[PDB]
Amino acid sequence: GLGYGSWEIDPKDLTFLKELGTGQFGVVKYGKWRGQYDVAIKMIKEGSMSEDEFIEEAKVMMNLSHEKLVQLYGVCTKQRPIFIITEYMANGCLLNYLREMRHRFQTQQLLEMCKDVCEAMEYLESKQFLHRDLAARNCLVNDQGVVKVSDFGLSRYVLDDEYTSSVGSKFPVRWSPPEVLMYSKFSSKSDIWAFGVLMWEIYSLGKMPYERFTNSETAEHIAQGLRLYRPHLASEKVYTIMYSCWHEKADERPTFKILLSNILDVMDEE
Ligand SMILES: O=C(c1ccc(Oc2ccccc2)cc1Cl)c1c[nH]c2ncnc(N[C@@H]3CC[C@@H](CO)OC3)c12
């Protein structure tokens, strides 16, 4: 109502029910909006984000909507800490989900997770919207087991320099192509590279990429033209798809539309 833009939620409409996590960028809670609608609420740690820039971008993000993309419902901007209100994903972070061996996943389930992410990324690519930090840690799983992409574009607003360039301890070296590591060349094709690493994470049940190497060793490995190798659960055709994302020449990597077609082919064949 009065006093709130279309991107703004009145925090008085929130009922906080459970804490989900705490970390460097804040606390995340599960709650309800207007008593009925499940939401996740991220409380942004003071000093961690370029908040005015994020708020302007939130207005853009409100217009992104796809069934495999975590939905932004709004932001609470009038007080501190500010809140980001989104779709609630009851089964939590994809990385944690993959690592729970009890699930005893079939490879068909793993391929479906890859397809969910690929559909979201094809949508983002169609909107010329780069994710910039695609990885299993940035995906979520709902109570039906559907994977959705989260945190899209958020890295642009992080103030901590450990996160923000290639040298930093928190930069996603293991999800980055050579041109990012060598000269900070971000593009659609750096999201493609990261997607291949994400497929590897899925088929490896959440292992760390290049688990025996440091970040510095990883950068050297990949810049020498060497790669991850085939997870045991990936068929030859699945491995071909993820490996295609890692061409040294960015322009020789597929688009998300092509990847989606290839994933659907494998689903039909296997
Ligand atoms: O973490 C967010 C979230 C992400 C980005 C965002 O902001 C953005 C989203 C998209 C683009 C840019 C920013 C907001 C929010 Cl609230 C969640 C959104 N829905 C959720 N449902 C369940 N759990 C969630 N988080 C926990 C946190 C603890 C973790 C421990 O393993 O497990 C998953 C979330």
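We number each residue from 1, following the sequence as shown. Just the heavy atoms: all of them, side chains too, but no hydrogens, waters or symmetry mates, feed the values below. Read the numbers this way: they start at 1 and go in the same order the structure lists the ligands and their atoms.
- Looking at ligand 1, one finds the drug ARQ 531.
- Looking only at contacts, the largest set of contacts to ARQ 531 comes from what UniProt names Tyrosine-protein kinase BTK.
- UniProt lists residues of chain A as binding clofedanol; of these, a heavy atom within 4.0 Å of ARQ 531 is found for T86, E87, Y88, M89, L154.
- Note: an N/O pair closer than 3.5 Å links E87 and ARQ 531 by distance alone.
- In this structure, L140 counts as a contact residue of ARQ 531, since one of its heavy atoms falls inside 4.0 Å of the ligand.
- When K42, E19, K18 are ranked by how near their heavy atoms come to atom 16 (Cl) of ARQ 531, first place goes to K42.
- Between ARQ 531 and the UniProt dasatinib-binding residues of chain A, heavy-atom distances under 4.0 Å are seen for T86, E87, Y88, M89.
- Comparing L94, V28, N138 against atom 25 (N) of ARQ 531, the shortest heavy-atom distance belongs to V28.
- Among the atoms of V70, none of the N or O lies under 3.5 angstrom from an N or O of ARQ 531.
- Around atom 32 (O) of ARQ 531, the closest heavy atom drawn from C93, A40, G153 belongs to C93.
- Counting only non-hydrogen atoms, the option in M89, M61, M43, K29 that gets closest to atom 12 (C) of ARQ 531 is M61.
- Residue contact check: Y88 has heavy atoms under 4.0 Å from atoms 21 (N), 22 (C) of ARQ 531.
- From ARQ 531, the nearest residue that UniProt flags as active site in chain A, along with the heavy-atom distance to 1 Å, is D133, 10 Å.
- Close approach of ARQ 531 to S150 (heavy-atom distance below 4.0 Å) involves ligand atoms 4 (C), 5 (C).
- Residues of chain A near ARQ 531 cluster mainly in the UniProt domain Protein kinase.
- Listed by number with element, the atoms of ARQ 531 under 4.0 angstrom from any heavy atom of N96 are 31 (O).
- At least one heavy atom of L20 sits under 4.0 Å from some atom of ARQ 531.
- The contact residues of ARQ 531, taking heavy atoms under 4.0 Å, are given as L20, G21, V28, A40, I41, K42, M61, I84, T86, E87, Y88, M89, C93, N96, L140, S150, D151, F152, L154.
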